[PDB]
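In the text below, chain A, chain B and the rest are named by the order of the sequence lines, each starting its count at 1. Atoms considered below: every heavy atom in the structure, side chains included; atoms not considered: hydrogens, waters and symmetry mates. Start at 1 and go down the list; that is how both ligands and their atoms are numbered. Excerpt of entry shown; contacts counted in excerpt.
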Amino acid sequence: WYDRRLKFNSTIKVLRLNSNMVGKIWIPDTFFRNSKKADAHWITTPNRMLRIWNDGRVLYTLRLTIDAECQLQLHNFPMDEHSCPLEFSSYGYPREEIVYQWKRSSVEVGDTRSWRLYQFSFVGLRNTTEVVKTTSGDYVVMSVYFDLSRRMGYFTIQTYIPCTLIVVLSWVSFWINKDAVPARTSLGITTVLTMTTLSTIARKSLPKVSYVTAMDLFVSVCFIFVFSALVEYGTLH
Amino acid sequence: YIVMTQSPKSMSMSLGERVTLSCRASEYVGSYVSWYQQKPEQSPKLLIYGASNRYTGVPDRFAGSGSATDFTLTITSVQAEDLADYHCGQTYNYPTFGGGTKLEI
Amino acid sequence: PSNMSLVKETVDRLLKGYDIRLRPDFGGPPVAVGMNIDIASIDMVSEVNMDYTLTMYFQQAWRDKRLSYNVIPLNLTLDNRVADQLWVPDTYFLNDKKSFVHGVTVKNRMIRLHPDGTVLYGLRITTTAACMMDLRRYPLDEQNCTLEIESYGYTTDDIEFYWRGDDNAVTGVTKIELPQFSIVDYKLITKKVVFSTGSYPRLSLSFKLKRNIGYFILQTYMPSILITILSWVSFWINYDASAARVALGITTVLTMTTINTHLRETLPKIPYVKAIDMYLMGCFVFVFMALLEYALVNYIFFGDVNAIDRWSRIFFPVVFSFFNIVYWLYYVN
Amino acid sequence: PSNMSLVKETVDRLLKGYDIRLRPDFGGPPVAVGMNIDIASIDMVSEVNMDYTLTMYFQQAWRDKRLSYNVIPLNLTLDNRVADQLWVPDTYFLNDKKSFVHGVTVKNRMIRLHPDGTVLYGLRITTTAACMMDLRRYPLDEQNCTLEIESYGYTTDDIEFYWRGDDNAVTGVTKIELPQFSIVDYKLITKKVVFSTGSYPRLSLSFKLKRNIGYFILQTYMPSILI
Amino acid sequence: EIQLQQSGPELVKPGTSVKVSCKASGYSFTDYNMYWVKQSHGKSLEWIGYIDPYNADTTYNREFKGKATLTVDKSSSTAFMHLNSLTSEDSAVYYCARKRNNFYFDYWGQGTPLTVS
Amino acid sequence: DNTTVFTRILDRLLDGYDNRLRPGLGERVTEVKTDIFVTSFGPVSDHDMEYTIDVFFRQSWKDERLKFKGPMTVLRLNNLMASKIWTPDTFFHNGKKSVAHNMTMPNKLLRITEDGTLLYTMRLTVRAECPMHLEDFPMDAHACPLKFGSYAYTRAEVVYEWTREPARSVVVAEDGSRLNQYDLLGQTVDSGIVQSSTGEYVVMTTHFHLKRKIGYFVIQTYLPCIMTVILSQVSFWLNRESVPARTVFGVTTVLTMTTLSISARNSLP
Amino acid sequence: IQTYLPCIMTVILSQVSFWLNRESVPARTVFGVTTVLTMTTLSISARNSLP
Amino acid sequence: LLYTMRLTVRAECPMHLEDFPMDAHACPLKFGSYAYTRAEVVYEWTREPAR
Ligand SMILES: *[C@@H]1O[C@H](CO)[C@@H](O[C@@H]2O[C@H](CO)[C@@H](O[C@@H]3O[C@H](CO[C@H]4O[C@H](CO)[C@@H](O)[C@H](O[C@H]5O[C@H](CO)[C@@H](O)[C@H](O)[C@@H]5O)[C@@H]4O)[C@@H](O)[C@H](O[C@H]4O[C@H](CO)[C@@H](O)[C@H](O)[C@@H]4O[C@H]4O[C@H](CO)[C@@H](O)[C@H](O)[C@@H]4O)[C@@H]3O)[C@H](O)[C@H]2NC(C)=O)[C@H](O)[C@H]1NC(C)=O
Ligand SMILES: *[C@@H]1O[C@H](CO)[C@@H](O[C@@H]2O[C@H](CO)[C@@H](O[C@@H]3O[C@H](CO[C@H]4O[C@H](CO)[C@@H](O)[C@H](O)[C@@H]4O)[C@@H](O)[C@H](O[C@H]4O[C@H](CO)[C@@H](O)[C@H](O)[C@@H]4O)[C@@H]3O)[C@H](O)[C@H]2NC(C)=O)[C@H](O)[C@H]1NC(C)=O
Ligand SMILES: *[C@@H]1O[C@H](CO)[C@@H](O[C@@H]2O[C@H](CO)[C@@H](O[C@@H]3O[C@H](CO[C@H]4O[C@H](CO)[C@@H](O)[C@H](O)[C@@H]4O)[C@@H](O)[C@H](O[C@H]4O[C@H](CO)[C@@H](O)[C@H](O)[C@@H]4O)[C@@H]3O)[C@H](O)[C@H]2NC(C)=O)[C@H](O)[C@H]1NC(C)=O
Ligand SMILES: *[C@@H]1O[C@H](CO)[C@@H](O[C@@H]2O[C@H](CO)[C@@H](O[C@@H]3O[C@H](CO[C@H]4O[C@H](CO)[C@@H](O)[C@H](O)[C@@H]4O)[C@@H](O)[C@H](O[C@H]4O[C@H](CO)[C@@H](O)[C@H](O)[C@@H]4O)[C@@H]3O)[C@H](O)[C@H]2NC(C)=O)[C@H](O)[C@H]1NC(C)=O
Ligand SMILES: *[C@@H]1O[C@H](CO)[C@@H](O[C@@H]2O[C@H](CO)[C@@H](O[C@@H]3O[C@H](CO[C@H]4O[C@H](CO)[C@@H](O)[C@H](O)[C@@H]4O)[C@@H](O)[C@H](O[C@H]4O[C@H](CO)[C@@H](O)[C@H](O)[C@@H]4O)[C@@H]3O)[C@H](O)[C@H]2NC(C)=O)[C@H](O)[C@H]1NC(C)=O
Ligand SMILES: *[C@@H]1O[C@H](CO)[C@@H](O[C@@H]2O[C@H](CO)[C@@H](O[C@@H]3O[C@H](CO[C@H]4O[C@H](CO)[C@@H](O)[C@H](O)[C@@H]4O)[C@@H](O)[C@H](O[C@H]4O[C@H](CO)[C@@H](O)[C@H](O)[C@@H]4O)[C@@H]3O)[C@H](O)[C@H]2NC(C)=O)[C@H](O)[C@H]1NC(C)=O
Ligand SMILES: CCCCCCCC/C=C/CCCCCCCC(=O)O[C@@H](COC(=O)CCCCCCCCCCCCCCC)COP(=O)([O-])OCC[N+](C)(C)C
Ligand SMILES: *[C@@H]1O[C@H](CO)[C@@H](O[C@@H]2O[C@H](CO)[C@@H](O[C@@H]3O[C@H](CO)[C@@H](O)[C@H](O)[C@@H]3O)[C@H](O)[C@H]2NC(C)=O)[C@H](O)[C@H]1NC(C)=O
Ligand SMILES: CC(=O)[C@H]1CC[C@H]2[C@@H]3CC[C@H]4C[C@H](O)CC[C@]4(C)[C@H]3CC[C@]12C
Ligand SMILES: *[C@@H]1O[C@H](CO)[C@@H](O)[C@H](O)[C@H]1NC(C)=O
Ligand SMILES: CCCCCCCCCCCC
Ligand SMILES: CCCCCCCCCCCC
Ligand SMILES: CCCCCCCCCCCC
Ligand SMILES: CCCCCCCCCCCC
Ligand SMILES: CCCCCCCCCCCC
Ligand SMILES: CCCCCCCC
Ligand SMILES: CCCCCCCC
Ligand SMILES: CCCCCCCC
Ligand SMILES: CCCCCCCC
Ligand SMILES: CCCCCCCC
Ligand SMILES: CCCCCCCC
Ligand SMILES: CCCCCCCC
Ligand SMILES: CCCCCCCC
């Protein structure tokens with residue numbers, strides 16, 4: 001931003017400074033609206049930078065770790081795709097006092113290879129700028145949307161493949177002789193009961209949300225097959 | 001309230017012999033039991049506080065002790081000036097004293 | 001630049017000779033502090049810890065004749081760091097167990113002086129507030145979790161709380177998308193609690209939360225029913241199949257114990273039977289009786305029998321259906 | 001209140017022109033610092049994290065001529081906030097992972113000046129110290145967990161350590177009641193560790209912990225024996 | 001030295017009231033509560049009530065609730081107990097004591113004999 | 001200008017005031033009268049042998065340096081004046097990690113009566129160590145202590161005391177109880193002297209008498225233990241020729257009994 | 001000793017069934033299903049040690 | 001000036017768990033100035049880089 005108070009004329013074009021001067025000048029009170037918890041970095045010293053040009057430009061950057069809030073909607077899981085936002089605005093200064101605006105270089109997303117994003121893939125980013133009305137005034141809000149697409153490779157080996165394979169164990173009951181009453185029931189009860197454990201541990205990976213998800217749908221249908229396979233022998237005998 | 005009961009209503013221990021006085025509290029009183037000596041036509045005189053600590057200016061012969069609900073005042077060698085009624089009280093709650101215990105020879 | 005210079009003299013004038021130690025109108029009538037909340041989110045209701053976490057834009061307004069200015073016709077919003085130089089109410093939440101004000105990129109705090117003297121002061125607060133829950137009807141339960149806003153050091157003779165806007169003080173409650181619950185209602189109360197140190201003003205923000213039974217139906221009840229349903233297939237098996245029916249009956253009864261034990265682990269160490277418990281125990285009786293149904297059949301034969309299988313093939317589905325009807329009507333209604 | 005005014009003048013003189021940046025006998029012989037621990041408790045002896053939590057009253061005693069007074073006959077116990085205005089040894093525990101000084105009702109510290117200049121400086125510290133455990137004979141094993149008290153910036157030419165009272169410097173070890181450990185022995189050592197930056201004083205307080213096997217029969221051996 | 005001097009011997013007929021004083025000396029009178037004790041002839045000491053001299057907050061034994069009213073004067077370091085509706089059973093010697101701590105009664109009064117007949 | 005009268009009073013009190021020196025230093029012992037109001041008795045963590053407790057820790061003492069005369073007989077102040085004056089350095093001997101709540105502001109009050117008396121209460125969440133002897137678990141009761149005293153000042157420097165009768169000085173809020181599997185039967189208090197390396201100190205002890213409620217363990221361990229014992233006895237009523245059926249009865253119950261034994265110990269240390 | 005040996009003993013255990021007489025169907029069937037279910041737990045339990 | 005400090009740095013080490021558990025990683029620890037460019041602050045190893 002520009003600060004006419006901080007303008008100086010000399011041979012020096014910019015004053016490049018450390019975190020020491022940050023607390024001495026006016027800094028905007030930017031906060032992140034959906035941050036559950038965030039913190040700056042302080043080792044070895046505060047990870048802040050400050051640069052001042054002749055005309056009055058102030059560049060102020062700092063390193064932040066933001067535990068933002070992304071409201072996932074896992075109706076279809078683990079194929080869900082999300083657009084996780086990151087909103088920020090001035091906490092106190094209304095639209096008549098602090099106006100934000102994206103620079104030309106909106107977001108310089110770094111090399112995505114080293115990211116800890118295992119479940120998802122960073123599809124792309126999108127920015128906006130809109131005025132949210134609140135009880136304390138009208139505030140300009142700027143939000144960055146990150147588009148994240150789930151990968152189901154782990155869940156297949158973790159959940160579906162065990163769920164698929166156990167269902168096959170029910171089918172081999174049919175090839176087993178009907179006369180072997182303990183064998184058929186042994187396979188049937190063992191097959192259905194372990195299906196219950198797989199559903200719970202598979203359901204455990206999800207949070208406590210009151211709606212059936214796609215993963216829940218698969219295990220339930222697999223539950224029908226194993227249950228029907230046991231019931232098939234019950235009527236067979 | 002908490003009632004303090006002194007088991008020996010009277011004591012006839014001869015002079016110069018160890019004499020023990022007992023004081024029983026119906027319920028817990030911690031260590032807030034104090035012993036007072038009241039010679040005839042005199043106000044009470046503090047001797048032991050805290051159920052073990054001796055008030056300043058008291059002869060060292062007096063030595064109280066006791067856990068909750070069981071408190072005793074032992075005089076190792078009663079002398080000619082220790083003959084009087086003894087009162088034990090508790091201040092763990094609203095103060096209630098016990099029946100005085102008199103000494104004789 | 002006249003306003004920049006003029007505003008500087010005004011703000012400098014106010015803070016000069018300002019005593020943070022004395023409240024507004026010290027030694028006089030109580031200062032009326034209006035409060036206004038905007039719930040940002042209710043992160044998680046925890047039965048294990050008997051608390052919920054709530055993020056809010058806690059705002060409170062009051063009058064201070066010392067901070068009254070009239071030279072400039074506008075409302076001055078200042079750096080949050082000015083709050084450390086002004087008297088503010090010592091408001092505290094009697095329930096909070098672990099709470100903080102967010103501090104990135106700066107302390108999430110607001111100050112706005114108005115010409116009349118009104119001070120608008122806002123904080124962004126995450127509070128983990130204690131909420132003891134009566135889980136007797138759990139999971140068909142309805143909790144009433146509160147937030148007890150109160151002044152610590154100032155009695156009713158020194159301070160006074162009110163909801164700025166009688167029922168428009170609290171906002172955002174409708175949009176809160178709590179996964180486990182549904183916020184049925186919220187009430188705003190004002191009281192005066194008396195301690196041995198004096199009488200203090202109290203504001204209470206209640207939330208009547210209702211359980212979303214849908215999550216538990218798929219997770220807890222449905223396995224119990226199917227485990228109970230498959231218990232009855234033992235009755236259609238031949239009587240001379242001890243290895244099979246016993247294996248089935250033993251397998252089913254043990255599974256009910258594991259489900260009941262597994263379910264109860266997630267909850268606190270609560271010393272009474274909940275609605276879920278009275279169902280799992282109810283289903284345990286049926287499956288165990290089915291195991292004893294065969295043991296009765298086996299003893300009568302080795303130690304007629306087909307009739308016991310037939311009647312048990314009709315009674316067990318029926319008497320379990322009534323158990324559901326009586327159970328659900330008692331609890332759901 | 002006459003004596004209070006007298007004490008105020010004395011305590012005011014000591015901190016007047018007192019350079020907190022310079023140790024006692026700066027530019028002179030090393031200052032000898034005496035330590036004595038009172039083990040309040042040992043908890044969270046965890047092999048998953050390879051650490052144990054130690055609560056103690058950590059006292060340090062050293063002579064500072066600048067803080068010598070003679071007018072007052074009694075030893076002055078001052079408010080703990082005075083410690084921020086006094087030079088204190090920069091001792092740290094090398095194997096400490098996470099530590100704090102207890103904070104309620106106030107900072108759990110003590111400053112006690114003695115007329116000759118001695119400074120008794122106590123803290124109540126809860127330190128999670130690293131203890132690398134050899135589980136080869138677990139659970140029938142004896143572990144040797146230590147605490148490595150050392151000066152950070154001051155070498156042996158600027159500071160010295162000694163157990164104040166020698167073998168009677170550490171107390172409370174007998175009273176400590178660990179659930180699954182018996183504290184068979186404890187030892188006190190005085191070393192001199194050499195780094196690239198110089199040689200520094202070192203006090204090592206080692207406890208030999210012996211594991212109680214009674215718990216593991218109930219849950220580990222007997223279930224496997226019965227099966 | 002501390003000394004708690006009291007009114008002195010009294011004689012009174014049943015039905016009428018009486019007041020007894022306890023004059024403090026030697027210590028800050030408002031620092032410590034003042035307790036009142038009754039002792040009938042050859043009987044255990046009985047606590048009547050105590051008054052906090054600073055704010056004159058009183059607490060009474062349930063038996064003496066209403067029978068006795070405790071009042072204090074900051075100016076003159078004195079404590080007063082007022083008894084009304086006197087009967088034969090109220091004839092005894094009344095003591096005043098200061099509670100130095102929550103452990104003991106430090107200094108007791110001389111003892112004020114009372115007679116109702 | 002109306003407040004300027006009171007501002008000049010506070011300036012006078014702190015003028016030439018040394019908050020490093022206790023009242024009556026070198027002249028008298030500092031009597032601190034203290035009481036506790038337990039707003040809630042937090043949960044008991046038998047795994048860590050500790051309990052949580054939220055209190056209004058009140059403590060009062062006389063400071064002759066803070067006498068004043070003015071229109072008001074009590075100066076009802078905020079936390080800022082607490083740091084400006086001397087206050088006792090109380091601490092909890094068995095405290096593990098306590099919290100001095102400061103949301104929205106430091107939860108403290110400071111009242112200076114015109115005679116110099118101070119009332120200084122503060123809201124705390126003390127997490128204290130309660131050594132438990134679990135020989136009769138789960139049918140066991142404990143007296144969890146809450147000891148406190150001065151950290152630096154010996155008995156000759158500051159002495160603690162209960163502001164009311166010791167029975168009446170620890171008060172528990174009627175609706176304040178966060179215990180799940182315990183009942184707060186009551187509390188008892190005491191005072192004593194403790195020796196240490198630094199000298200004799202006064203310790204104010206409070207024992208909260210708890211009693212576990214076995215309702216959970218009845219329906220978590222005993223009932224499963226009782227029923228698996230009943231299951232094993234169903235085998236006695238099956239014909240002796242059903243070897244697989246009676247064998248699965250034995251192994252299943254034995255394995256079930258094994259996991260219950262392993263599962264049961266997981267709650268406690 | 002946490003994953004490979006339990007996997008190697010399970011597969012060796014499952015091959016014990018080849019020496020059991022073919023006429024013992026329940027004995028060999030419980031040999032089969034119990035080893036497969038054992039394998040499933042090993043697979044799931046192996047992943048939890050990693051992200 | 002010699003300015004030393006004791007730190008417990010929790011650095012990021014991206015791992016390729018393709019050969020897990022027979023895997024080896026080269027965990028990095030990169031550091032430098034936050035505010036000063038290469039034209040203002042330069043970093044160097046006090047001894048040979050190896051030592
Ligand atoms: C209730 O009590 C709690 C304590 O339990 C108080 O919390 C403390 O508040 C103080 C004051 O705000 C904090 O001190 C500041 O700390 C800054 C760095 O802190 C980092 O390290 C500490 C550990 O030492 C961590 O605890 C911090 O993380 C926690 O706090 C942050 C928010 O700060 C949260 O986001 C986290 O989640 C954690 O909860 C941090 O990681 C420190 O830089 C700062 O000192 C600068 O500012 C002061 C202001 O005057 C200057 O005097 C000083 O010289 C420093 O200024 C230099 O650096 C700045 C940096 O830009 C430059 O701008 C300047 O120009 C100059 O160069 C200060 O010391 C303390 O950390 C915090 N937490 C504690 C003690 O655990 C609450 O505030 C209190 N009140 C309420 C309402 O809750
Ligand atoms: C500095 O800040 C103050 C306060 O924030 C601003 O003053 C506000 O200005 C707005 C703009 O006009 C006012 O808006 C309307 O004012 C009406 C007047 O009401 C007065 O009468 C009573 C007093 O007993 C109160 O209602 C009120 O405090 C006023 O004193 C209100 O009646 C209006 O109410 C409703 O209007 C519409 C109806 O649809 C709704 O949208 C509103 O939300 C509201 O429900 C409305 O409020 C406002 O009242 C002023 N408030 C005050 C306290 O003065 C200054 O303008 C500002 N200065 C700047 C920006 O320079
Ligand atoms: C969650 O659970 C809590 C339980 O703690 C409920 O809290 C109570 O809710 C009820 C219903 O709203 C409240 O009842 C109210 O009582 C007031 C009287 O007490 C106050 O009186 C004065 C104020 O006048 C205070 O200064 C004083 O300190 C007392 O606190 C009434 O004034 C209220 O208004 C109604 O009064 C009568 C009926 O009594 C009507 O005729 C009036 O017209 C008016 O409608 C009201 O009655 C109660 O105070 C709450 N607090 C408690 C019990 O501690 C929550 O309501 C509940 N919330 C949800 C969402 O479930
Ligand atoms: C200000 O602080 C000082 C320092 O503590 C106080 O002075 C010390 O008070 C302690 C009280 O604990 C005294 O300790 C006793 O010292 C006796 C003599 O020790 C001499 O020799 C040692 C040898 O190292 C010197 O360090 C010491 O200075 C003395 O010159 C010992 O004999 C005592 O131990 C004995 O205790 C009992 C009873 O005697 C026996 O049964 C034991 O077996 C054992 O023999 C004890 O250690 C000490 O005398 C004082 N001086 C010191 C430590 O130098 C001041 O009193 C204090 N000011 C006040 C309170 O106003
Ligand atoms: C690492 O460990 C070190 C241990 O040394 C900690 O450093 C100490 O931290 C404390 C807490 O911040 C510091 O205490 C501060 O002292 C300042 C100076 O006090 C003197 O000067 C003032 C006037 O300026 C006099 O009034 C006073 O009597 C002293 O003579 C105070 O100004 C500070 O006040 C701050 O806190 C109070 C709390 O009530 C606020 O009201 C104030 O507004 C202000 O915010 C503060 O009290 C201490 O000086 C530090 N050094 C030492 C040697 O103790 C580190 O905090 C710790 N952590 C880190 C990250 O380093
Ligand atoms: C946990 O594990 C640690 C190991 O890291 C143990 O700590 C080591 O303990 C040993 C033995 O106590 C220390 O070894 C030496 O102990 C000597 C004690 O004196 C005896 O030995 C000398 C010389 O052999 C005899 O003259 C004397 O009569 C005694 O029999 C110290 O004096 C040693 O220091 C001297 O020697 C070294 C080496 O030559 C010199 O460098 C020194 O400058 C000094 O002159 C030496 O300390 C050993 O130091 C301890 N620390 C280590 C190895 O780091 C713990 O004991 C163990 N826990 C328990 C409870 O035992
Ligand atoms: C596998 C699934 C099973 C389900 C099947 C369904 C059927 C099972 C039905 C289960 C529901 C009934 C259980 C509910 C438990 C809560 C009530 C309670 O605990 O009672 C009391 C227990 O306290 C006492 O009074 C002591 C009595 C202990 C009795 C131990 C059980 C009987 C043992 C004999 C059996 C062995 C002999 C058999 C030999 C053949 C109340 O105590 P509290 O509430 O905890 O709190 C402490 C006291 N307080 C309240 C004063 C504070
Ligand atoms: C992040 O936000 C910024 C700000 O909106 C986006 O950059 C801005 O994009 C608009 C629309 O393209 C630019 O205006 C347009 O400029 C072009 C080229 O001159 C012109 O042909 C159009 O008629 C229109 O005027 C705007 O200039 C540009 N911002 C700046 C500073 O130049 C940016 O695209 C956003 N990032 C995304 C969507 O990833
Ligand atoms: C006669 C008969 O048919 C037999 C078949 C099964 C038997 C029950 C098994 C479980 C037993 C547990 C305990 O041993 C007490 C007796 C107990 C209830 C038995 C009652 C008699 C039964 C019904
Ligand atoms: C600064 O100096 C330049 C030339 O040196 C001049 O053009 C400019 O006006 C000056 N700016 C001021 C004095 O603000
Ligand atoms: C563990 C899962 C048991 C089977 C759930 C049956 C309920 C129906 C689920 C599918 C609805 C679309
Ligand atoms: C105290 C509550 C007792 C719970 C009893 C559960 C079993 C009742 C249902 C039985 C259905 C046959
Ligand atoms: C021991 C449990 C037996 C349950 C029998 C229920 C079915 C009706 C009995 C009919 C007997 C002819
Ligand atoms: C409010 C949701 C209640 C749904 C109950 C469904 C379970 C009924 C099972 C009946 C099986 C015989
Ligand atoms: C815990 C007290 C309420 C008991 C509710 C009984 C109704 C549920 C069904 C029980 C089967 C008859
Ligand atoms: C009624 C549940 C299914 C039992 C098997 C029925 C076969 C005809
Ligand atoms: C929206 C509620 C859905 C509940 C799950 C379906 C029944 C198992
Ligand atoms: C709220 C109702 C959820 C769906 C119930 C399913 C009944 C089998
Ligand atoms: C307290 C009622 C218990 C009834 C359970 C049914 C018989 C096992
Ligand atoms: C519980 C069953 C009892 C009846 C069995 C038949 C008579 C021996
Ligand atoms: C699902 C229960 C079926 C009941 C069938 C009864 C007739 C044999
Ligand atoms: C409190 C009684 C619990 C039920 C005992 C179970 C007997 C089979
Ligand atoms: C180094 C481990 C070798 C053991 C393999 C197991 C062979 C059955």
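According to the PDB, the drug located at ligand 9 is brexanolone. Going by contact count, the macromolecule most engaged with brexanolone is what UniProt calls Gamma-aminobutyric acid receptor subunit alpha-1. Every other chain with a heavy atom under 4.0 Å from brexanolone is listed here: C, F.
Of the heavy atoms in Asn298(C), none comes closer than 4.0 Å to brexanolone.
The molecule name the entry attaches to chain C is Gamma-aminobutyric acid receptor subunit beta-2. Closer than 4.0 Å to atom 23 (C) of brexanolone lies none of the heavy atoms of the protein. Closest to atom 9 (C) of brexanolone by heavy atom, among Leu231(F), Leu292(C), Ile300(C), is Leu292(C). Distance check for atom 2 (C) of brexanolone: a protein heavy atom is found below 4.0 Å.
Counting only heavy atoms of the protein, atom 14 (O) of brexanolone lies nearest to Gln233(F) OE1, 3.2 Å.
When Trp237(F), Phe236(F), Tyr294(C), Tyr299(C) are checked for heavy-atom proximity to atom 17 (C) of brexanolone, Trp237(F) turns out nearest. Nearest protein heavy-atom neighbour of atom 12 (C) of brexanolone: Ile230(F) CG2, 3.8 Å. Closest to atom 5 (C) of brexanolone among all protein heavy atoms lies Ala295(C) O, 3.3 Å. With a heavy-atom cut-off of 4.0 Å, brexanolone reaches no UniProt 4-aminobutanoate-binding residue of chain F. For brexanolone, other ligands and ions under 4.0 Å: ligand 20 (N-octane).
Heavy atoms within 4.0 Å of brexanolone belong to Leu292(C), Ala295(C), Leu296(C), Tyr299(C), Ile230(F), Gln233(F), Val234(F), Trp237(F).
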Give a table of atom pairs where an N or O of brexanolone lies under 3.5 Å from a protein N or O.
unit_1	atom_1	unit_2	atom_2	d
brexanolone	14 (O)	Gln233(F)	OE1	3.2

